[PDB]
Amino acid sequence: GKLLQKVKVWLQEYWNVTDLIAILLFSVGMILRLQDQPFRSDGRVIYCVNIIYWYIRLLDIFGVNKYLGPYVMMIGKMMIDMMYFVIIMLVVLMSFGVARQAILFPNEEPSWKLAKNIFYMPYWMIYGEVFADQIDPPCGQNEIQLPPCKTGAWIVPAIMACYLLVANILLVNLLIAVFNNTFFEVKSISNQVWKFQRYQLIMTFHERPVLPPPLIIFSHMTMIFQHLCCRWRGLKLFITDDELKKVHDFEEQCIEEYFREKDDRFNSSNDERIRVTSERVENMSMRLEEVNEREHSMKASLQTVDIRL
Amino acid sequence: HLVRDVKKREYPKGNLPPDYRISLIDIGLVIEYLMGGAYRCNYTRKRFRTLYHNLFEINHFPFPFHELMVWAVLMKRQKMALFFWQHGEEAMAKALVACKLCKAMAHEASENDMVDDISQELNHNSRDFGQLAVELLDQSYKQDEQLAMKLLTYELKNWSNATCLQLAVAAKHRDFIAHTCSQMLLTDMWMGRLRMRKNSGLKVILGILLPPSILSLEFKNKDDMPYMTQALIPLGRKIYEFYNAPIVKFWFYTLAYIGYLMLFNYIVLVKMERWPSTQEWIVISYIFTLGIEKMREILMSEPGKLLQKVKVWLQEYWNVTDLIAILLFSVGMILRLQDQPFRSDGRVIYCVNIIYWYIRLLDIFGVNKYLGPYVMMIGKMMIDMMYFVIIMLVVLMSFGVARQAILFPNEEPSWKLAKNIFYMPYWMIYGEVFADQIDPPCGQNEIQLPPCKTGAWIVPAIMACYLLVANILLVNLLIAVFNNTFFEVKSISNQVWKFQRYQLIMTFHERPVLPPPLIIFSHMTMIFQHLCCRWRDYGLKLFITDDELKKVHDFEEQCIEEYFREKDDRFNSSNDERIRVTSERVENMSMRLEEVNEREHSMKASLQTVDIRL
Ligand SMILES: CC(C)CCC[C@@H](C)[C@H]1CC[C@H]2[C@@H]3CC=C4C[C@@H](OC(=O)CCC(=O)O)CC[C@]4(C)[C@H]3CC[C@]12C
Ligand SMILES: CC(C)CCC[C@@H](C)[C@H]1CC[C@H]2[C@@H]3CC=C4C[C@@H](OC(=O)CCC(=O)O)CC[C@]4(C)[C@H]3CC[C@]12C
Ligand SMILES: CC(C)CCC[C@@H](C)[C@H]1CC[C@H]2[C@@H]3CC=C4C[C@@H](OC(=O)CCC(=O)O)CC[C@]4(C)[C@H]3CC[C@]12C
Ligand SMILES: CC(C)CCC[C@@H](C)[C@H]1CC[C@H]2[C@@H]3CC=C4C[C@@H](OC(=O)CCC(=O)O)CC[C@]4(C)[C@H]3CC[C@]12C
Ligand SMILES: CC(C)CCC[C@@H](C)[C@H]1CC[C@H]2[C@@H]3CC=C4C[C@@H](OC(=O)CCC(=O)O)CC[C@]4(C)[C@H]3CC[C@]12C
Ligand SMILES: CC(C)CCC[C@@H](C)[C@H]1CC[C@H]2[C@@H]3CC=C4C[C@@H](OC(=O)CCC(=O)O)CC[C@]4(C)[C@H]3CC[C@]12C
Ligand SMILES: CC(C)CCC[C@@H](C)[C@H]1CC[C@H]2[C@@H]3CC=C4C[C@@H](OC(=O)CCC(=O)O)CC[C@]4(C)[C@H]3CC[C@]12C
Ligand SMILES: CC(C)CCC[C@@H](C)[C@H]1CC[C@H]2[C@@H]3CC=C4C[C@@H](OC(=O)CCC(=O)O)CC[C@]4(C)[C@H]3CC[C@]12C
Ligand SMILES: CCC1(c2ccccc2)C(=O)NCNC1=O
C-alpha cells in the first residue's frame, strides 16, 4: 500500500529495473537525436548502447524453453567466478601493461593515452593476438638505420612470455576447472529456480493486458478510463462449501496416512528391528535365569517327594 | 636418544653413560626442545631447579596428572596417556601439548634414523591426541559457548603461560583453528574493540577517510572480553580504540599500500629528472621506512638466538620477498642518483620492482573469504604447471633447433641462434602461427625467389606436429590435471586459509598504528621507550581471576565425562554392536536352554514314575 514498498517490490525483479533505466536512456537519446547536430550523433550513440541492452533482454525472453532457462541461470551463476577471474586478470594484465609502457616508451609526458597504452595490447593477448611485429621489434641494426634499442628492452619478451603463460595456460584453465567443478550444484539449484520463477511469469502474464506494447496505449487508456468512470459506473478456484468440506476430508486422510506411514517406515527400518531384538533377548535372559533357578528348586522338591514315596 | 641429542647440544660423554639418572631438570630441557618456541617448562624454571638441587611436602607437585601425561608420552605409552587424560584438568591444554610433543618426537626419530615403526606410530598417536582435542572443543561448543571462549584463551600457567590457540597453531593442528568456536573467536580479535558486524569493512574505511564518523560507530561494550597482551575524554579513548584494532590497522596499511602503488606506477611512466620528483621522494620514503619495520619483525621475534629468529622470518614466504625487493629498489635508487648510463639502468631496476609490488597485492587480497582460498588455489596448481613446462621445454626446443638448422643452414656461432630457437615456436602456443614464415614460396618467378634450402619441405610438418602436441595434447592434459585436483585443493586450502587467519591477526596486532609512510613516528616512540627505560609477551590472553579458574575447570571436567559418556553410548547403541551383543546372548541361550529341556527330561520321567506309585 505504501509507495516506497511498491518501489521495493518493483525493485525485486532486476530485469524490470534495467527496463526502466534503458527506457530512460532511450528518452535521453530521443532528446539529443531530436536536438540539433552535433547532439544528433550522440543520440545515435545512445541508441546503440540501448540496442545492446534490448538485445541482451532476449535472454530473459529465452526462459520458457525448459532447457534454455537454466542455461541462462548457469551463466548468471558463473558471473561471480568470472569476477574472481577478472580481478586477478586485471592484476596480471596491469602488471605487464605498466612494465611494457615503462620500457618501450621511456620518454613520455603525462596524458590519459598512457592508460589506454597499458590496457590496450595486454588485454587482446588473452584472445590469441600476440602482436607479432611488436614482440621484439628489431633495433640498433641497419637495413636505413634502425632506431636505437631502449636500455634493457629484452625484458619485454621475457615478461610478456611469463604473462602469456600465466594468463592463457594457468588462469583460463583454472576457470575451466572452476566452472567444471560447480556445474552439478548449479544444475540442481537452477532447475529448481526455473521451476520456481515460472510462477512469477505465470502471474505477471496473467495480469498483463491483451494488447501488445505497440498497441497497449489503447488498453491502458481504456483501463484507466473505465476505472475512473467506474467511480460512477491469484487464480483461486473460489470453491463452494461442499467441495471445501471434501478437500478438508481429503487432507485429513493424507495427514493420517503420512504420519502412520512414517511410523511404519520407522518400525520396519532395520535399526528398529535390531534394537527391539536386543532389549527383548535381554529380558529373555532374565526370565530364563529365573526359570533355571526355579527349575533346580522344583527338581529338588520332586526328588524329596519321590524320596517320600 | 632424545636426552643424548640435546644434553650434547646444550652441555658440550659420547654415547651418554647409561648410569646417568636423567634429572627432572633434563626432562624439562627435552620438553623445551620438542616444543620449540619460548615454551619454558615448569621443570626448568629457576624455582624448580633450586628446589631440586637443595634436595640433591613440595615433593607432591600440585597437579600430579600433568607430570604423568608427560611421563607417559615420553615413554610412548599411549594407553596410559589416554588414561591420564580422562582423570584430570586443563584437558584442552593436555591433548594439544601432547599433540605437539608427539609430532615432535616423530620428526626427531626420523632425523636420528631410528626404527621406522617408531616414527610411523608417532604420527598416528599425534593424530590420536589431535582428534580428542577437537571433539572435546566441539562439545564445549554444544554447551555454553561463552564459557568455551574463556577455556581456550585462558592463560595456561602450567603449560608455560600460553593459550590453547597459541598451542594449536604451533601444533599445526588445522581443524582446531578451522572450528566454529575459534573462527568467531578470531573474528572477535579482528574487529578489535568495536562491534558493527553488518556489511563491515566499508564503514571502517569510512572511519579512516572521514574521521568524524568514528563517533557514530557502535564500539564494543565497556568490559566485554578484551583479548590483550602482557598486562571529551571518552571520545579520545574511542579514537585510540579504533586506531588500535587489527582490522583497522589492516585497511589503513592497505590504503597506504594502494597509495604507494598509485605513486610508484606514476614515477615510472613519466620521465624522471636529475633530482628526484616529489612523488618519488614519497616513494623512496615508503620503501626505507618499511625496511625498518621489516627488520623490526626480525628483531622482535619469539626465539632468542638471532639465527633462529631469522629462521622463523624465513618461514614467512612473503616477508622475505619484501626484503629482496627493498634491497633491489635501493640498488636502483643509487643508480638513479648517479648519472648516465647508470641513471637509465636505475629506471629499469625500478621497472622490475613494478611487478613484485603488484604481486604483493595478491596476499592482501587473500584476506577476503573467497579470494583468499583462490590465491591458495593458484599456488598448488603451479607444482602441476612446472611439470607441464618441462614437457613444454623438450618439445618447444624440438621444433626450435630443428628449424634453425633447416631455415638457416650456414650460420656462424652466435648467441642470436639460441634466440631464434626459442622466439618463434613459443609465441605459437598462444595463438600465433607466423603465417608468412610457415612455408614461404621459394625458387619461383614472382623476380626468381631465393633458393629453397634443402629440407624446407619438412619444417612445415614438424611444426604441424608440434602445434598438435603443444596447443592440443598437453593443454588438454593441464585442463585434466587442474579439474581433477581442484576438489582436494579446495577442501584443504579452505582450512589452510582459516589457519592463516591466526597468523594475519597476530601480525597486524603487533604492527604499529601509523601507515608505512608515517611509521617513523611509531618507530621512534618504540626506540625511545626502549632506550629511556633501559636507562631507567606475544599473544592475546585474559589473565582471569582465581575463583573463575576453578569454574572454567569445572565446566571442562563436565565436558570430559560428557564426551567419554556418549562415546561409550554411541557404541552401546551403534548398529553393529547390537548385532554383536545379540549373537553372544543367543549363544548363551543355546547351551542353557539345552540344559532346561534335558533336565525336564528327568522331571517328565519323575512325574510318570510317581503316577505308577499312585
Ligand atoms: C556484447 C556484450 C557487450 C555483452 C555484455 C554481456 C552482459 C551485458 C550479459 C551477458 C550475459 C548476461 C547474464 C546472463 C544471465 C543472467 C541471469 C539472469 O538473472 C535473473 O534473471 C535474476 C535477476 C536479474 O539479474 O535480472 C539475468 C542476469 C544475468 C546475470 C545476465 C546479466 C548480464 C550479462 C552478464
Ligand atoms: C591500482 C591500479 C588502479 C593502478 C592504475 C594506475 C593508473 C590508472 C593511473 C595512476 C596515475 C594516473 C595518471 C596520473 C596523472 C595523469 C596526468 C593527466 O594529465 C592531464 O589530465 C592533462 C592532459 C590530459 O588530459 O591528458 C593525464 C592522466 C594521468 C597520466 C594519469 C593516467 C592514469 C594513471 C597512470
Ligand atoms: C570490472 C572491470 C571491468 C573493472 C575495470 C574498470 C577499470 C579498470 C576501467 C573501466 C573503464 C576504464 C577507462 C575507460 C576510458 C578511459 C579513457 C582513456 O583515455 C585515452 O585513451 C585518452 C585519449 C588518447 O588516446 O589520447 C584512458 C583509459 C581510461 C581512463 C580507462 C581506464 C580503465 C577503466 C577505468
Ligand atoms: C607478468 C608476469 C611476470 C607474471 C608473473 C608470474 C609470477 C611472478 C606469479 C604469477 C602467480 C603467482 C603466485 C600466485 C599464488 C601464490 C600462492 C602463495 O604462495 C605462498 O604463500 C607460498 C606457498 C607455496 O609455495 O605455494 C603466494 C605466492 C604464489 C606462489 C604466487 C607467486 C608469484 C606468481 C607465481
Ligand atoms: C617451455 C616454455 C613454457 C617456456 C620457454 C620460453 C622462454 C624460455 C623463451 C621464449 C621466448 C624467449 C625470449 C625471446 C627473445 C628474447 C630477446 C633477447 O634479446 C635480444 O635478442 C636483444 C634485442 C634485439 O637483439 O633486438 C633476449 C632473450 C629473450 C628475452 C628470450 C628469453 C627466453 C624466452 C622468454
Ligand atoms: C637437451 C637440451 C637441454 C640441450 C640444449 C643445449 C643447446 C640449446 C645449447 C647448449 C650449449 C649451447 C652453445 C654454447 C656456446 C655457444 C657459443 C656462442 O658463441 C657466441 O655467441 C659468439 C662466439 C664468438 O665469440 O665467436 C654461440 C651459441 C653457442 C654455440 C651455444 C648454442 C646453443 C647450445 C648448443
Ligand atoms: C624451465 C622453464 C622455467 C624455462 C627454462 C629457462 C631457459 C630455457 C631460459 C632462461 C633464460 C634464457 C636465455 C636468456 C637469454 C638468452 C640470450 C639470447 O641472445 C640473443 O638473443 C642474442 C642477441 C641476438 O639475437 O643477436 C639467446 C637466448 C638466451 C640464451 C635464452 C635461452 C633460454 C633460457 C636459457
Ligand atoms: C589433424 C590431422 C588430420 C593432421 C592433418 C595435417 C596434415 C594432413 C597436413 C597439415 C600440413 C601438411 C604439410 C604442409 C607442408 C608440407 C610441405 C610439402 O613440401 C613441399 O610442398 C615441397 C617444398 C615445400 O614447399 O615445402 C610436403 C608435405 C607437407 C609436409 C605437408 C604434409 C601434410 C600436412 C602435415
Ligand atoms: C609491503 C606490504 C605490507 C602490507 C602487507 C599486508 C597488508 C598491508 C600492507 C606493507 O605495505 N606494509 C607492512 N608490511 C607489508 O608487508
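To find a chain's letter, count down the sequence lines: the first is A, the second B. Quick note: numbers on chain A are straight from the PDB entry, i.e. 906-1048, 1056-1145, 1157-1232, in order. Here chain B follows the PDB entry, giving residues 504-515, 523-566, 607-781, 834-1048, 1056-1145, 1155-1232 in order. Readers should note that the entry appears only in part, and the reported contacts come from within that part. Whatever order the structure lists ligands and atoms in, that order sets their numbers, starting from 1.
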Give the PDB name of the drug at ligand 9. primidone
Find the chain with the greatest contact count to primidone (ligand 9) and give its name in the PDB entry. trpm3
Which other chains have one or more heavy atoms under 4.0 Å from any atom of primidone (ligand 9)? B
